[PDB]
4 protein chains.
Amino acid sequence: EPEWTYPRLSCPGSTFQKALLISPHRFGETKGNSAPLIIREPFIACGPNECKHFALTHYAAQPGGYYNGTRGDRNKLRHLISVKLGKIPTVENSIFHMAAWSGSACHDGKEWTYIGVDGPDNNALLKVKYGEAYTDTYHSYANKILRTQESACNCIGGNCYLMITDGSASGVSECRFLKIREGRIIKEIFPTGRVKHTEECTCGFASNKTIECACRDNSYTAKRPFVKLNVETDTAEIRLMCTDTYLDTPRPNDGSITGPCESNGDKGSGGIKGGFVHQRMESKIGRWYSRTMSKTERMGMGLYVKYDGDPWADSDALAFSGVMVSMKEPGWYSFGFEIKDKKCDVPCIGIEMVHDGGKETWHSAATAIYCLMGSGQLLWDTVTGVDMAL
Amino acid sequence: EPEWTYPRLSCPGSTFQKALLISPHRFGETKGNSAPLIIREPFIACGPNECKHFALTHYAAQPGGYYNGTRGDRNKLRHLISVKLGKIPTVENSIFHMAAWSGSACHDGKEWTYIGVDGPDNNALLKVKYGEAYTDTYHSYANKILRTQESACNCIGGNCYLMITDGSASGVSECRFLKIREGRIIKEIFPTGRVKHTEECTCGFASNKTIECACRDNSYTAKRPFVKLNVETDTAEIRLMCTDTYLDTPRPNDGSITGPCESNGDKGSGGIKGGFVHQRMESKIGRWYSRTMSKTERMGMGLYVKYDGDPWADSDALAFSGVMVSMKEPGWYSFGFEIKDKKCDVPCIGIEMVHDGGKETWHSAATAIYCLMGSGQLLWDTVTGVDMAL
Amino acid sequence: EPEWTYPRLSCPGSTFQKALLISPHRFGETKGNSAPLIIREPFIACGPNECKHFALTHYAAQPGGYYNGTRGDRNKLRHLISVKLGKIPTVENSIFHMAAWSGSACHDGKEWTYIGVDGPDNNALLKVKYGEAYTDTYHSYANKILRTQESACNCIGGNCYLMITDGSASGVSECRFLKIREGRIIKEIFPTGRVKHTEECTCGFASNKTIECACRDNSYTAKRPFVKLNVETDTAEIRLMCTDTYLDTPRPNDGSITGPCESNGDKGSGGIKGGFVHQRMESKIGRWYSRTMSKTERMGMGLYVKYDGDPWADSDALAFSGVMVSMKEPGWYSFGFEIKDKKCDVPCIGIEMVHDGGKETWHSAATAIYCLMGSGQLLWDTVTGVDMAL
Amino acid sequence: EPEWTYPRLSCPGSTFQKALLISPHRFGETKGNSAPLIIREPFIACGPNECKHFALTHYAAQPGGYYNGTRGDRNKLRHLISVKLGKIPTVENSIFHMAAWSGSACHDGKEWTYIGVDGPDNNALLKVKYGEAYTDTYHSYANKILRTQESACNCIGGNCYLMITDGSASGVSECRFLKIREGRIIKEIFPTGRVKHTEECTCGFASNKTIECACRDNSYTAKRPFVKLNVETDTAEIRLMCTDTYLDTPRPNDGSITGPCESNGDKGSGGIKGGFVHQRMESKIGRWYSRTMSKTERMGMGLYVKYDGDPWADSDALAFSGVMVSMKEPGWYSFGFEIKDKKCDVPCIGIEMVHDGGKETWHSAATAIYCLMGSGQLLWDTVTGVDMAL
Ligand SMILES: *[C@@H]1O[C@H](CO)[C@@H](O[C@@H]2O[C@H](CO)[C@@H](O[C@@H]3O[C@H](CO[C@H]4O[C@H](CO)[C@@H](O)[C@H](O)[C@@H]4O)[C@@H](O)[C@H](O[C@H]4O[C@H](CO)[C@@H](O)[C@H](O)[C@@H]4O)[C@@H]3O)[C@H](O)[C@H]2NC(C)=O)[C@H](O)[C@H]1NC(C)=O
Ligand SMILES: *[C@@H]1O[C@H](CO)[C@@H](O[C@@H]2O[C@H](CO)[C@@H](O[C@@H]3O[C@H](CO[C@H]4O[C@H](CO)[C@@H](O)[C@H](O)[C@@H]4O)[C@@H](O)[C@H](O[C@H]4O[C@H](CO)[C@@H](O)[C@H](O)[C@@H]4O)[C@@H]3O)[C@H](O)[C@H]2NC(C)=O)[C@H](O)[C@H]1NC(C)=O
Ligand SMILES: *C1O[C@H](CO)[C@@H](O[C@@H]2O[C@H](CO)[C@@H](O[C@@H]3O[C@H](CO)[C@@H](O)[C@H](O)[C@@H]3O)[C@H](O)[C@H]2NC(C)=O)[C@H](O)[C@H]1NC(C)=O
Ligand SMILES: *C1O[C@H](CO)[C@@H](O[C@@H]2O[C@H](CO)[C@@H](O[C@@H]3O[C@H](CO)[C@@H](O)[C@H](O)[C@@H]3O)[C@H](O)[C@H]2NC(C)=O)[C@H](O)[C@H]1NC(C)=O
Ligand SMILES: CCC(CC)O[C@@H]1C=C(C(=O)O)C[C@H](N)[C@H]1NC(C)=O
Ligand SMILES: CCC(CC)O[C@@H]1C=C(C(=O)O)C[C@H](N)[C@H]1NC(C)=O
Ligand SMILES: CCC(CC)O[C@@H]1C=C(C(=O)O)C[C@H](N)[C@H]1NC(C)=O
Ligand SMILES: CCC(CC)O[C@@H]1C=C(C(=O)O)C[C@H](N)[C@H]1NC(C)=O
Ligand SMILES: *[C@@H]1O[C@H](CO)[C@@H](O)[C@H](O)[C@H]1NC(C)=O
Ligand SMILES: *[C@@H]1O[C@H](CO)[C@@H](O)[C@H](O)[C@H]1NC(C)=O
Ligand SMILES: *[C@H]1O[C@H](CO)[C@@H](O)[C@H](O)[C@H]1NC(C)=O
Ligand SMILES: *[C@H]1O[C@H](CO)[C@@H](O)[C@H](O)[C@H]1NC(C)=O
Ligand SMILES: [Ca+2]
Ligand SMILES: [Ca+2]
Ligand SMILES: [Ca+2]
Ligand SMILES: [Ca+2]
């Protein structure tokens with residue numbers, strides 16, 4: 001019989017390495033006979049036995065004749081799909097969980113919870129599934145596009161925690177946290193602090209008592225807002241990441257934002273979902289982050305790390321760990337997830353690599369995975385190997 | 001070991017919402033590489049661990065060369081098929097249960113029961129299959145196209161109840177109920193009351209004591225015949241629904257059929273199978289129905305609910321719960337099924353959205369899913385997104 | 001924990017009915033995107049939990065460019081493949097058990113045994129697999145094409161019995177029986193009686209003590225040789241089926257072979273594998289057989305039945321049960337198999353329907369299934385629905 | 001719960017026979033609708049319930065547009081993949097374990113261990129994965145293409161032994177052995193003796209005490225270096241095989257290398273990985289090897305055996321056990337693996353049959369399987385049946 005699940009100490013290791021590429025569109029050419037789903041916003045969640053690869057499909061394959069509109073975001077056809085990690089997400093392999101143009105998922109130890117937001121922009125609806133059953137919803141509270149993590153949610157003792165948000169992308173977007181248990185919302189958590197704009201949060205456990213998320217401010221700053229959730233007291237505070245190594249895109253030169261830690265600075269309009277995962281140690285806490293190689297475009301992806309301290313107060317640059325994606329390749333969304341080993345947890349970062357040929361062709365993505373493994377320096381970058389002309 | 005299942009209290013919730021679209025022909029294009037089966041009359045039936053998506057195929061794929069005939073109903077090629085709900089029903093994903101040009105299925109908590117009618121129009125044969133084995137048959141009794149539900153049948157305590165009917169579709173078709181147990185028919189129940197013409201009943205549990213069916217008079221009325229089946233005494237009775245919200249298609253204007261409740265009215269000729277599903281609470285029962293948005297065409301699909309009362313006597317209009325399919329998309333057969341959550345049941349409605357381009361091109365169908373979830377109003381509607389020309 | 005398996009009493013029923021068609025080539029057209037394996041000699045075997053559909057593929061799909069040679073029999077590419085019954089045997093769905101141009105399989109209650117013969121004609125080799133492991137072989141003893149049942153073998157108390165044979169197709173072919181236990185040959189059984197030519201035997205249990213097979217004489221008679229295996233004493237006798245209803249193809253007019261029961265008669269050169277399954281009752285034994293509608297070509301397929309008596313001595317015509325395949329459709333190999341219901345066994349007959357366009361096109365087959373179900377007369381025939389020009 | 005596995009006595013048997021052909025490119029034609037992966041360096045590794053078929057893909061299918069590069073070895077796209085043995089390794093059937101341009105895997109009785117080396121030629125990285133989790137890494141030690149077995153590694157009592165090597169392939173490559181446990185490297189074993197150049201060892205258990213490896217000197221000899229690894233003391237020693245039946249390709253004429261056993265000889269430059277597998281009896285051990293039928297080209301594959309004796313000292317020619325691939329078909333890499341039967345182990349040899357049409361067309365491979373089964377001589381040989389022009 002299955003127990004609830006808890007964050008365990010991390011596995012030993014001092015560096016990340018290239019783990020695995022999932023590039024479906026290597027098989028999307030017209031010469032071929034394969035049918036990979038057009039997707040975006042991939043993310044991964046692992047339970048005690050499998051890891052699932054999730055995405056939002058446009059309900060189209062390549063090749064096909066429904067490309068037109070695949071470079072949009074919300075519509076009545078977007079679905080949350082998954083396959084077992086390491087399987088190519090195709091028409092036959094994928095499972096379609098629910099209609100949703102925004103999503104999340106997480107395993108509590110007994111069951112999968114699936115999260116999908118759909119509906120009209122002025123009144124969207126967060127839906128929840130526990131296994132195969134629809135169990136609860138949540139309503140827009142700002143009437144300006146309710147949306148969620150695009151990342152794994154996080155469960156502890158059967159309590160699953162989920163960031164949601166609502167409000168103008170180019171203005172105020174106050175996020176809330178949901179406390180979900182066996183598919184049903186049992187508490188809403190309103191953060192305090194710097195709440196102006198928080199979205200597309202990437203959250204993991206820093207401890208058995210705290211969740212941390214690095215988030216996106218699409219409006220005011222290239223600093224990432226940084227949430228701290230206290231799971232023992234069901235309360236949350238958000239302050240900007242003080243680090244000179246600004247993690248959003250677009251962004252100014254590192255350390256060029258003058259003033260106190262909460263200062264917004266410039267080139268802070270727009271943003272990108274960023275990767276963040278915890279290395280939990282006995283007397284240490286490892287914080288691993290990812291950001292675009294370009295300060296302006298979605299190209300390349302870098303790995304950064306900082307042990308200990310307070311991300312709210314420390315202005316120190318993050319340590320640069322290595323190049324995961326070269327600047328000559330697309331570097332879009334990235335996310336954190338952990339694989340459950342037998343006795344310990346393995347932290348990993350995934351990378352969405354979008355094939356963008358403009359609005360006059362199909363628009364989709366591959367997923368690069370990096371994971372904490374062994375000692376040394378990160379050794380090799382990743383390429384999609386896709387030529388969109390085929 | 002497993003035990004027999006019984007209807008449970010429904011899960012908490014106040015409105016339906018868009019769950020899931022299964023739209024195989026989104027990958028049905030010449031430009032592509034997939035092979036979705038040409039099907040019609042879909043329905044869903046869920047068990048303690050799996051929900052299954054059934055349909056009647058024509059034993060052809062799109063694209064393919066065997067379109068001719070796919071706009072017909074009965075032939076030697078038709079087979080009851082299924083995929084796990086959420087999977088695209090393609091040549092490879094599908095499983096072929098039996099030859100059938102009319103079907104049903106249901107889980108008793110121990111095993112799947114599958115039901116398929118095939119054979120000549122003047123001597124059809126209902127076949128029962130329990131798991132992998134074929135176990136019993138029922139004979140035509142009117143020699144006018146013996147036929148069954150096209151929706152999930154209903155199992156309580158190992159006993160599965162099923163509507164069957166036989167007769168001219170422009171005249172009399174007195175239906176019967178079969179009591180099946182572990183694949184074998186143990187009692188025929190002959191309903192009393194308004195028996196002139198019943199078919200394509202959508203049935204579900206109103207309690208541990210009563211099964212209710214909303215049906216189709218293809219001959220005499222636009223009101224749906226409404227079966228109450230007492231499961232304790234194995235007796236059944238039919239009267240027409242009194243509600244001014246007439247549920248068949250075609251139909252006249254709401255509340256325009258004058259006279260006592262049993263009055264047939266104008267626009268009786270013709271019909272369509274309608275969604276019906278139960279919401280079982282503490283000491284009240286909600287009844288959820290679906291009808292096409294057009295009075296005469298198979299376009300659109302609206303949701304309606306009515307808590308309590310006797311459906312044989314309540315002239316009251318049903319409450320309009322929302323638009324599931326717009327008047328600009330096809331709305332064909334609809335059906336009710338329930339999903340099993342950990343401790344309670346989730347009431348759902350499925351809509352068949354047929355792609356119809358005439359007898360000179362392929363003729364298949366998508367399936368839209370709406371389920372009780374959360375509170376509020378029903379928000380978004382469903383399109384199939386299919387271009388029948390691609 | 002699993003027990004060994006034994007023949008149980010049959011399920012009640014007095015007639016066969018059309019159960020299920022598996023016609024992969026409905027999806028083989030060039031307009032399509034599917035890839036069904038080119039196969040022949042299909043057969044089915046069921047264990048306590050699933051039923052597997054077996055065949056010998058030419059290691060080619062349709063469409064493709066390896067048709068040339070698919071109208072042959074033995075080569076270094078022929079394999080024994082299977083899928084779960086009701087699944088279309090395609091390149092992806094099928095599993096490849098072993099190289100073999102002749103085969104058999106059966107479940108003992110704990111495990112699958114697979115049988116495949118390959119090698120050169122003058123020295124072929126019978127191979128055995130127990131689950132995934134190759135466990136034993138058997139050698140040609142006549143150097144003239146060692147070959148086997150093309151049908152399910154039969155297990156009792158963990159002992160699986162298998163017909164094999166060797167020798168000229170147009171001359172003498174003395175069959176032997178193998179006693180196999182957990183993948184290894186533990187006894188060879190040499191029949192006595194009329195041993196001149198016995199091949200492609202279709203065997204089932206007539207009792208907990210006897211196996212009966214109806215076989216093919218390709219050389220001397222259109223009567224089917226009829227084996228009786230005694231499982232309590234590991235001994236076997238073969239005599240010709242005395243019945244006027246000659247079951248082989250080609251064949252003379254019924255009852256036209258004058259003389260004693262063992263008389264060969266004419267039109268007895270050549271032959272066809274014929275279907276045969278037992279209806280085991282308390283005080284009765286049902287023997288169900290199938291034979292071509294044509295007396296000369298492989299067209300149509302008929303169902304016959306006789307209760308009780310001695311098939312060695314009785315000259316009475318078999319009772320005609322109905323037309324399974326019309327004479328306007330191909331009727332090639334047929335076979336018997338039983339599905340295990342919960343408390344009882346269900347007898348069924350399968351029919352190989354070859355698409356034969358000559359040697360200048362592909363050459364493959366679909367499988368029609370009929371099964372004992374309910375009372376009355378067999379109601380409907382089967383068609384492949386395939387146009388080989390597509 | 002499961003327990004650790006140990007080598008068991010082999011099953012009874014005296015000769016190998018043709019088991020199974022996996023030839024994906026039989027469905028690789030333009031005329032068709034399949035998508036087999038372009039792979040090379042296959043190998044098999046079996047566990048207590050499943051046997052897995054591994055390969056290194058180039059992340060492309062046939063037909064497809066990414067042929068260019070598929071005749072190379074190392075690039076960022078290469079991934080270790082697998083299907084259950086008997087399944088066609090296509091885009092949909094496959095699972096992508098990790099990025100790797102050199103690989104291995106093995107089961108300890110509790111879990112799969114997967115091994116993949118990727119990275120720059122001058123700083124490769126071996127990655128260890130235990131089930132779903134990445135668990136450890138090993139670094140280049142010569143900065144000359146760290147690389148591993150390309151065959152199953154070897155687990156006894158939870159300890160998995162693996163050969164790795166690093167060095168110029170036209171010079172020195174002193175190999176090492178890694179002792180892995182539950183994904184983690186717990187000891188490096190540095191072999192003594194003839195260490196000049198070892199690589200691509202094919203390893204297997206000779207007893208509960210000793211692992212034996214037949215390897216490849218790509219530089220100095222056509223004799224195979226032969227590792228004896230004592231598993232009790234974790235020490236290893238290498239000397240060359242003395243047998244006149246030299247096993248590398250290219251090679252000179254048998255018994256033409258004159259001198260003591262350690263003598264290198266002519267035609268040392270170049271090499272190929274060879275099949276090697278153990279047959280463990282009461283108190284004797286058979287050693288089965290494979291070598292290409294041509295002295296200089298990668299054509300054909302023959303089987304050889306030698307019961308007992310010391311392979312470091314036995315000048316005796318090995319007994320020729322048969323032709324598996326004719327001199328008219330490709331014979332590339334070969335490898336040994338064992339299948340687990342109920343109470344004993346089944347020794348097997350796998351052959352890589354590469355389809356080579358030059359650097360201007362696709363470059364992939366089939367896999368032939370031979371296993372110990374029954375007695376006699378080895379009968380039939382294997383073709384792949386592929387036309388590289390289709
Ligand atoms: C239609 O009819 C069926 C059959 O009667 C009803 O199903 C039963 O529903 C009741 C609840 O109404 C169930 O009783 C409960 O069982 C709980 C344990 O879960 C399992 O229990 C056994 C094994 O322990 C299993 O065999 C079974 O399948 C259950 O899944 C108990 O924990 C509960 O007891 C607690 O609750 C109350 C106080 O709140 C008290 O009884 C106790 O003091 C205790 O605190 C509870 O008794 C019963 O198990 C169900 N049986 C079956 C076969 O399903 C349907 O509810 C009914 N539908 C209606 C009425 O709409
Ligand atoms: C390499 O090393 C391993 C570990 O020592 C050996 O594996 C053992 O092999 C022996 C046989 O040589 C096994 O002993 C036998 O166990 C049988 C039962 O099967 C299971 O037993 C237990 C549970 O009962 C399980 O834990 C285990 O995994 C087995 O699968 C017994 O029935 C046998 O006993 C009978 O046989 C003889 C007489 O013939 C007597 O011992 C008894 O009187 C009795 O009649 C038998 O003892 C042992 O279980 C194996 N262990 C493991 C962990 O696998 C390998 O054989 C060895 N390889 C070599 C030597 O080549
Ligand atoms: C916070 O989450 C739980 C809080 O209890 C921690 O998990 C638990 O960890 C303990 C020990 O780490 C486990 O207890 C036992 O440990 C002994 C060794 O002393 C061992 O022999 C037993 O077999 C047993 O495992 C306990 O089972 C485990 N529970 C679960 C559900 O995992 C967790 O480590 C904490 N997270 C941290 C510290 O980051
Ligand atoms: C020949 O095969 C076996 C020979 O024993 C028969 O199967 C066995 O049948 C008996 C009864 O049919 C089963 O015993 C028990 O029956 C009682 C009822 O009296 C029931 O309450 C028990 O639960 C139990 O089932 C026995 O279990 C069963 N064994 C197996 C392995 O199936 C079989 O019926 C014979 N075949 C014939 C007669 O055709
Ligand atoms: C809706 C606001 C938000 C910020 C602009 O848009 C996101 C940015 C997009 C992006 O930056 O690539 C992709 C996301 N799919 C989108 N989210 C939704 C719900 O549409
Ligand atoms: C045969 C009577 C019945 C009522 C008109 O026909 C149904 C009409 C249906 C319809 O109105 O679309 C299609 C159904 N598939 C068909 N059922 C059968 C068994 O043919
Ligand atoms: C080899 C003798 C036998 C009788 C002519 O041939 C069978 C007849 C063929 C047939 O009658 O259709 C098909 C069988 N695949 C074949 N068996 C083998 C092993 O090739
Ligand atoms: C790099 C040294 C080694 C020996 C020549 O190369 C091998 C030659 C092999 C060969 O001879 O065909 C192909 C192997 N895939 C390759 N291995 C790697 C890691 O590239
Ligand atoms: C459809 O089939 C009928 C016969 O069944 C045939 O007469 C008709 O021409 C076919 N239609 C087309 C468009 O080919
Ligand atoms: C293969 O790729 C190289 C560059 O990587 C390119 O120069 C060459 O032309 C390509 N070959 C073909 C046949 O296109
Ligand atoms: C698709 O783009 C076309 C241009 O090809 C444009 O006319 C239209 O806005 C879009 N239509 C749909 C259905 O997406
Ligand atoms: C296939 O048939 C061709 C004719 O197209 C003939 O030349 C030859 O005998 C056959 N070849 C193979 C490889 O089967
Ligand atoms: Ca920003
Ligand atoms: Ca009507
Ligand atoms: Ca004959
Ligand atoms: Ca050499």
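Below, chains carry the letters A, B, ... as their sequence lines are ordered, and counting in each starts from 1. Every number for a ligand or one of its atoms is a count from 1 in the order of the listing. Computed over heavy atoms, backbone and side chain alike; hydrogens, waters and symmetry mates excluded. Technique stated in the header: X-ray crystallography, 2.8 Å.
- Found at ligand 8 is the drug oseltamivir carboxylate.
- In this structure, the main binding partner of oseltamivir carboxylate (ligand 8), as named in the PDB entry, is neuraminidase.
- Taking 4.0 Å as the heavy-atom limit, the other chains contacting oseltamivir carboxylate (ligand 8) are D.
- The deposit names the source of chain D as Influenza b virus (b/brisbane/60/2008).
- Applying a heavy-atom cut-off of 4.0 Å to oseltamivir carboxylate (ligand 8) picks out D/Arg40, D/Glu41, D/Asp73, D/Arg74, D/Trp101, D/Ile145, D/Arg147, D/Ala169, D/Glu199, D/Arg216, D/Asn218, D/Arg298, D/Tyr333.
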